[PDB]
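Each chain gets a letter, A, B and so on, in the order the sequences are listed, and its residues count up from 1. Counting starts at 1 for both ligands and their atoms, in listed order. The entry is not shown in full; contacts are counted within the portion that is. Scope of the values below: all heavy atoms of this structure, side chains included, with no hydrogens, waters or symmetry mates.
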Amino acid sequence: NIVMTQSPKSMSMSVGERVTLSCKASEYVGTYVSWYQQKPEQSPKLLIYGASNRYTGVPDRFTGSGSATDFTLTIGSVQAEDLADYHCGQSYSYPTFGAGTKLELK
Amino acid sequence: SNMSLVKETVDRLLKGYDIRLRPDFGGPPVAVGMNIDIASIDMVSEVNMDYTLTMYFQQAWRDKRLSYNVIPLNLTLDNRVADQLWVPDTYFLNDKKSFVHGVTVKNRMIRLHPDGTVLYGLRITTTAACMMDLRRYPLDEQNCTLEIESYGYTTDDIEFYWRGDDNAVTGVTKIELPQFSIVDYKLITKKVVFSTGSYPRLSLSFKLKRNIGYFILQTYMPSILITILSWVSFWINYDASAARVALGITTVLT
Amino acid sequence: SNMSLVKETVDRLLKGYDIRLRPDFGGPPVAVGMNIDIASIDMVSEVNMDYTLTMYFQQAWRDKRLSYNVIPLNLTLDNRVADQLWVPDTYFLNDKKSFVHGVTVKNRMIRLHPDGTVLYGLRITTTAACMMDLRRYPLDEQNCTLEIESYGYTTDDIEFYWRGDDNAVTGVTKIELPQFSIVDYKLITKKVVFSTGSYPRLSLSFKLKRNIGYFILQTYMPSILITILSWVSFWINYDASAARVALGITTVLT
Amino acid sequence: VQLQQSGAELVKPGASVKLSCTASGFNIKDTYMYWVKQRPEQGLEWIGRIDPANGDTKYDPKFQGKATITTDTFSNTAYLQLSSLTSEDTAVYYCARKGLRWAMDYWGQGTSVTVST
Amino acid sequence: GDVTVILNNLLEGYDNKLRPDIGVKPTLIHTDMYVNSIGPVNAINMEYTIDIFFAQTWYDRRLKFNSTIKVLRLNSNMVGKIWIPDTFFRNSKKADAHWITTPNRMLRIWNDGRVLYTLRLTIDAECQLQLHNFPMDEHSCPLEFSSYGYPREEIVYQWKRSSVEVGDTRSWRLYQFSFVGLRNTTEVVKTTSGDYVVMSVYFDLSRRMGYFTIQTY
Amino acid sequence: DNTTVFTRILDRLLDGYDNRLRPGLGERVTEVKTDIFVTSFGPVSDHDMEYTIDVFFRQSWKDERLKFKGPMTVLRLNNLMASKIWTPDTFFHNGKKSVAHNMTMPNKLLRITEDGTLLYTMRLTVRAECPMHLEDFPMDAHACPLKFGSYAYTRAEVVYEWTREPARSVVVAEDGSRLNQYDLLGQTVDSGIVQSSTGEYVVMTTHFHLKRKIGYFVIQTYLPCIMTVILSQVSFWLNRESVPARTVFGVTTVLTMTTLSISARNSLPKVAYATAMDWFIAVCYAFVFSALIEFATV
Amino acid sequence: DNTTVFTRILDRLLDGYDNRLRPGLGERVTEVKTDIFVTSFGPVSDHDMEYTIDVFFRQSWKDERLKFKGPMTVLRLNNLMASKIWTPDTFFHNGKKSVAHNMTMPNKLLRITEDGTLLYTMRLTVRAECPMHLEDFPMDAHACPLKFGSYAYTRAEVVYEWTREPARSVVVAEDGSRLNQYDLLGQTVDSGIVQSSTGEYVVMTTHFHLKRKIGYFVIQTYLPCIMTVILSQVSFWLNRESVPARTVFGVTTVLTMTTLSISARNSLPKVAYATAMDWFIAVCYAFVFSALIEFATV
Ligand SMILES: *[C@@H]1O[C@H](CO)[C@@H](O[C@@H]2O[C@H](CO)[C@@H](O[C@@H]3O[C@H](CO[C@H]4O[C@H](CO[C@H]5O[C@H](CO)[C@@H](O)[C@H](O)[C@@H]5O)[C@@H](O)[C@H](O[C@H]5O[C@H](CO)[C@@H](O)[C@H](O)[C@@H]5O)[C@@H]4O)[C@@H](O)[C@H](O[C@H]4O[C@H](CO)[C@@H](O)[C@H](O)[C@@H]4O[C@H]4O[C@H](CO)[C@@H](O)[C@H](O)[C@@H]4O[C@H]4O[C@H](CO)[C@@H](O)[C@H](O)[C@@H]4O)[C@@H]3O)[C@H](O)[C@H]2NC(C)=O)[C@H](O)[C@H]1NC(C)=O
Ligand SMILES: *[C@@H]1O[C@H](CO)[C@@H](O[C@@H]2O[C@H](CO)[C@@H](O[C@@H]3O[C@H](CO)[C@@H](O)[C@H](O)[C@H]3NC(C)=O)[C@H](O)[C@H]2NC(C)=O)[C@H](O)[C@H]1NC(C)=O
Ligand SMILES: *[C@@H]1O[C@H](CO)[C@@H](O[C@@H]2O[C@H](CO)[C@@H](O[C@@H]3O[C@H](CO)[C@@H](O)[C@H](O)[C@@H]3O)[C@H](O)[C@H]2NC(C)=O)[C@H](O)[C@H]1NC(C)=O
Ligand SMILES: *[C@@H]1O[C@H](CO)[C@@H](O[C@@H]2O[C@H](CO)[C@@H](O[C@@H]3O[C@H](CO)[C@@H](O)[C@H](O)[C@@H]3O)[C@H](O)[C@H]2NC(C)=O)[C@H](O)[C@H]1NC(C)=O
Ligand SMILES: *[C@@H]1O[C@H](CO)[C@@H](O[C@@H]2O[C@H](CO)[C@@H](O)[C@H](O)[C@H]2NC(C)=O)[C@H](O)[C@H]1NC(C)=O
Ligand SMILES: Nc1nnc(-c2cccc(Cl)c2Cl)c(N)n1
Ligand SMILES: *[C@@H]1O[C@H](CO)[C@@H](O)[C@H](O)[C@H]1NC(C)=O
Ligand SMILES: *[C@@H]1O[C@H](CO)[C@@H](O)[C@H](O)[C@H]1NC(C)=O
């Protein structure tokens, strides 16, 4: 069973600055690590299909990095709607998710 | 007279013949009986882990569409009709390079019967793959197979069986190899399962014990005679050192 | 326009044509002019006794059926038309295996002149069998031949000749084999008689001579060197029996 | 295109509960269907997956036996049934299909199972 | 649909035997070649293997259409059904296209009648290697090609500016040699059948010295 | 003659069918679900940097033109209709020379489900180039790729995908290991995109991880070489008075080192750099020569 | 309109002709008159127990359906007509690899005489199996066969025969001797019946009698061997005091016997029983070793 380690467990940042996330894979997963946004009291919404490929309807500020095990999601200018719970999940094997990352404004 | 008759029989038959569909397409599976007459086993090779063999591969099934009730005889049609007739999709899984002989024409047979039976023969030569466990080499008995299977049709579309049981395979007892000796052979019927479905399988295998005596004279005779000529060094007196050194090192380099 | 004109002319020419029958089927034999441009000779094999020759084989005859007058130009038609036009069945008697190169398409030419002349070029690499006396090896001069002949049509139905006399063959002077050197080449026209009838034959020949500059310093100098090395024993005194016998028998061994 | 699910449910512990997930705008046989639970302020957890074209099914090694997934090829519906539930599995259950690169592009609306007396 | 109608209209009244502008002008053919790899360069047979995606494009007024689609992208199924130039590699000892899982050929047809035919080849090309100064020797030897039957007056070839493109050059099987550059030439050669436009692509291959130190020195 | 219904169905399906246009040409992107089942992993030719592999290359997509309504729900077919209908032109990016086995008939399989799904499988032996880094020979390991994708159809038109979970897609048979030098450790699939002058293309990569077996190279080179170094070494126990015995022992030693060295070097592919076995042979030979020259100055 | 009559004749000829029915299928047998002309008798391989031969294989039979009448009595036709007309399915029983050359066109002929006689001659190289008993090597003589019959047409349906006298049917060309190691003594035809699982067939047998040339193994093996036994016999004329001389003589004799024996063992082919050359090398080594042990006793 592949386990995903996602960091940092919570954070806080101001509007309009670079923010980078991280998801680590115990075993190998090629490019099959998907990132999902979940606003509070909303269903998850897919951003990044596979490693580093934007989904339809996503803005251009979002972008991810691909590798064998180390996966990072970066955002440029951050607007005020990004307060939401961001999860990483693999699909090379039977699908598994990480702990998630909670974005806050301060 | 009897030509105009055979001509019209072959034409009404092949007229409206649908090559794409097997006999009894929505019906029960079609049985196919096999016969093999082995012509030769050319070379069992260990550098490549294969053996080349030749056979008269024959198949026999029952196509109801090819039924005729006017002319009373069996018809050996020319081999170029076979591409206009349903033949089962028989393949050998463990072949590496294979061919049907193409001289003077394509060495293939086609033969109909009044009841609807067909007999489809081929002179095939395959380079089947045989993995050989050389741990007990050269006193070893290898077991090399030819695995006959259906490609496109599952085990609910074509059934395979050995036509004639243990007499289905003939000519095994006239194959002489310079390196092995065919001890026996077995004919196994089986059903394999893959992701797409189950399919029929038949196996023909040979226990190839290695012929002894050549390897004795090629290696064991040289090994013993080198070690025997090594031991005259002690018969040579220890005062003369150069001759003993030359003798021993000649043994080692040889 | 020109395109539609060439269209209807070619469609008229190929319509009502019979590939089966040579030009002037009931008339005199057809004159086939032949050019060969030799691109490369290589693999002059002593063990296999053949040699690989790449050439732009070219033929030229006249078909009265393929005659046009509306369009004053030479029609280089696409090479797939060669299937649909008569060409003579020229073959090389002494070839072991040959092939027309097939990249990017079949390397083949069809060109029709306004007078009816066809021009049918091909690119062949042929492994011609060249039987070689090695009694005088390595100071030996060899005679390799390419026997060109028609299979089906007798000498009263087809007629070969060299187009352009001794200019029929070109490029021999540019060939540089590794071991040999093309000294002379000859073009011979004659007829051969078999049981089925008489046929025409053209023979292309090369007189290969071998270069000895390698064979001296490889094979001949070590033998003479070891002979002198054996001769040096005589200046050794008879007392040194061990030295003399060791040197001599080492010369025998090497 | 869009996945609808049943509404929230209030059940006693030790009982059995059956969730529905109906698909519209496409046909379930061409893609896998997945069932994921999310606890209140914890991350996503994958339950299992069903192949509707074949009926083959696989389960998480902590959901084997407890949760069973079935399908109805007529209604374009994926059914999750759970046998016996304790007083910890009160969470929102999401239904999703595989997307382009084996990613869950389309998800359900979420069904919160709740447990009390 | 409508693409089927367009194709059935295109091939109607089409001869694949008459090149375009058969009695009007020569057909300019632009050629490009991506080098997937250069195989081993052995001096025993004076040859080298290469692997490339050969590409050709020309203009053909017969395949002209008016519709809302601008490029039709097709399999190798039509490579036999339309006029293809008879390009061949003049210094090829052996050469064959690739046929697994389908004939590796491309065909694309633009609104203005332009065509782009492209295929994958392994070419076993010959070149002489002047084996003096070995193993500090440099060789730069060609991959020539031209049309077989069509003379200069019927098919004229030409290079694009970004015609030849080498790849990573690290997966290449040039063990003894190191790729240092390439160049493209064009010239007219006299042949008994006529004049022909010949294009050559010289791959500069300086041998890299130091292996033969441990081997022999 | 119950087959009249089925031949009517097939004739209806092929009436007006155009196998030259991909399914859903002007509507969507063709999604091809690919699979591989390795029946036998062939021998790895180290000398040519290639390897052989036998596979039941399996594919599936959806053509809406080939829907039918009949008594049977899956049409299992004679495999010559694959020429009569559209199939994707998948080719192997690193395939050197592969063959589709035609014995007895074309080893091909075509099934058409009721909904229009297709399942086109083929048997074939791939011969693909495996670029090797032989610095650590014979303690080396390789990830020999197998990359394939569509010719002439871009990412916007034909997109490839795995049929099952990517960890469980490329399956190797249990006894399907024809290797004798290497061992097969595991599989590794990956899906990616390659940019080119004609456009973008989907590429699915499969890496097979191999580790060379040291058992034979221990016997061939290292053990004889250690014994030969010891054979140099026992010269020093020999005395200084019997100079002919020691010098002939030394010259015989450097002779067997030379023949062992070229014998070891013939086995490997020719490479432009020094390997671990080459360093071992060079160091141990330096010890042999050092022993000889120390005897000489003694 | 010069050839239009001949076109009309041939179109009338093939109108209603079925090439799938042997001439006389439901009435008579088909008598085939065969002839062979060996343009070259290729080299014989003894490791593989095979040999190569290049022939103009000739056949002839009567087909009543192909009668004509016109401005010519023989319609020498191109090779492609043979496909359009029935031809027998002859094949070589012991053929391993036979190739019908088709450079530049198919090397085939067809002559239709108005009475209906046919003469369908082909060019083809055949590689055939020659089982050899290599006990008398290199003084062995073989009769390497070339059998051929018909596939699938029993003796009741197709029967073969020679067109000329059997002693004057298999004709060998004057300069067709491509044998380098074997000498062709003569040909030998024979006809007979076999039985298989399908029925009885006519087999037409040929035998080429070969004798190996012993002119190279004398100089390669026997003369150096005999001269070395004589050199081993020079030891008995030496005085016993030169012990280093006589022992270097002896050990060199055994070593050169090992070299010549291993050299001759690859010259003679892969085989499972003792040959004449093996007996000779064994006896020569036995005499050398007996000289060695006699030196040891003295
Ligand atoms: C001496 O004798 C020997 C032996 O008899 C002769 O050698 C034979 O020569 C012929 C003619 O040159 C060859 O036939 C053509 O082969 C090519 C493919 O060759 C490659 O693949 C062969 C194996 O076949 C594989 O592909 C075919 C594809 O049809 C498939 O059916 C089969 O199951 C298998 O998957 C290899 O054997 C071959 O290697 C050999 O041949 C090479 C030839 O160039 C040579 O270079 C090699 O060294 C080697 O010797 C090679 O790898 C076929 O593409 C071709 O078929 C097309 O063209 C003919 C004629 O126009 C046409 O009738 C066909 O229908 C087909 O055309 C369709 O497909 C085209 C694809 O490019 C397409 O462009 C067309 O528009 C057309 O499309 C239509 O039909 C398709 C269905 O086909 C349909 O889907 C479309 O929608 C559309 O309706 C020929 O079959 C033999 O292969 C070759 N055999 C051997 C053993 O060498 C030799 O020539 C003789 N020499 C002399 C001087 O006489
Ligand atoms: C692999 O095996 C296949 C079947 O066993 C072969 O398929 C055969 O190819 C032949 C080559 O063209 C076909 O011949 C054609 O037959 C039709 C019949 O109506 C004629 O019109 C054609 O003119 C004729 N071809 C020629 C050039 O005259 C066979 O019909 C065809 N048979 C089947 C059942 O499909 C493959 O060719 C073979 N491939 C190899 C060996 O590479
Ligand atoms: C060559 O190798 C094959 C492969 O292992 C051997 O074939 C195997 O032989 C055994 C015993 O003869 C078979 O066992 C049978 O199993 C069936 C299963 O239902 C059982 O009903 C029978 O009573 C019998 O026990 C086995 O199936 C068969 N095939 C395999 C393992 O694939 C063969 O014996 C070897 N030797 C020769 C000379 O062929
Ligand atoms: C290599 O070998 C060939 C093979 O024979 C040699 O060909 C021979 O060439 C001579 C010289 O032209 C031919 O002699 C001619 O004979 C005719 C007979 O009518 C005569 O009229 C001519 O005046 C001439 O004397 C000879 O026939 C021919 N051999 C055969 C079998 O036809 C060739 O000369 C050799 N040398 C070279 C360099 O090729
Ligand atoms: C390949 O051929 C092209 C076409 O001739 C060459 O392009 C030329 O490049 C020079 C500069 O190097 C320009 O001055 C010319 O105008 C270009 N010609 C065209 C038609 O664009 C290209 O340089 C060649 N490449 C090599 C390496 O020889
Ligand atoms: N320039 C350029 N051209 N073509 C390609 C390319 C495209 C599809 C498939 C493959 Cl195998 C390759 Cl190599 C590339 N990667 N780069
Ligand atoms: C056809 O062959 C079968 C099997 O050999 C045989 O029993 C039968 O008698 C034959 N037909 C006739 C009419 O003789
Ligand atoms: C056609 O070819 C012939 C022979 O090469 C030549 O004399 C003639 O001029 C050519 N035709 C034209 C229009 O140039």
What drug from the list lamotrigine, sulfapyridine, sevoflurane, sulfaguanidine, sulfanilamide is seen at ligand 6? lamotrigine
From the contacts in this model, which chain binds lamotrigine most extensively, according to UniProt? Gamma-aminobutyric acid receptor subunit alpha-1
Which chain letters have at least one heavy atom nearer than 4.0 Å to any atom of lamotrigine? E, F
Identify the name used for chain E in this deposit. Gamma-aminobutyric acid receptor subunit gamma-2
So, looking at chain F, which of its UniProt 4-aminobutanoate-binding residues come within 4.0 Å of lamotrigine, heavy atoms only? none
Just curious, which residues make up the binding site of lamotrigine with non-hydrogen atoms under 4.0 Å? E/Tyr34, E/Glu165, F/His93, F/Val194, F/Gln195, F/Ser196, F/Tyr201
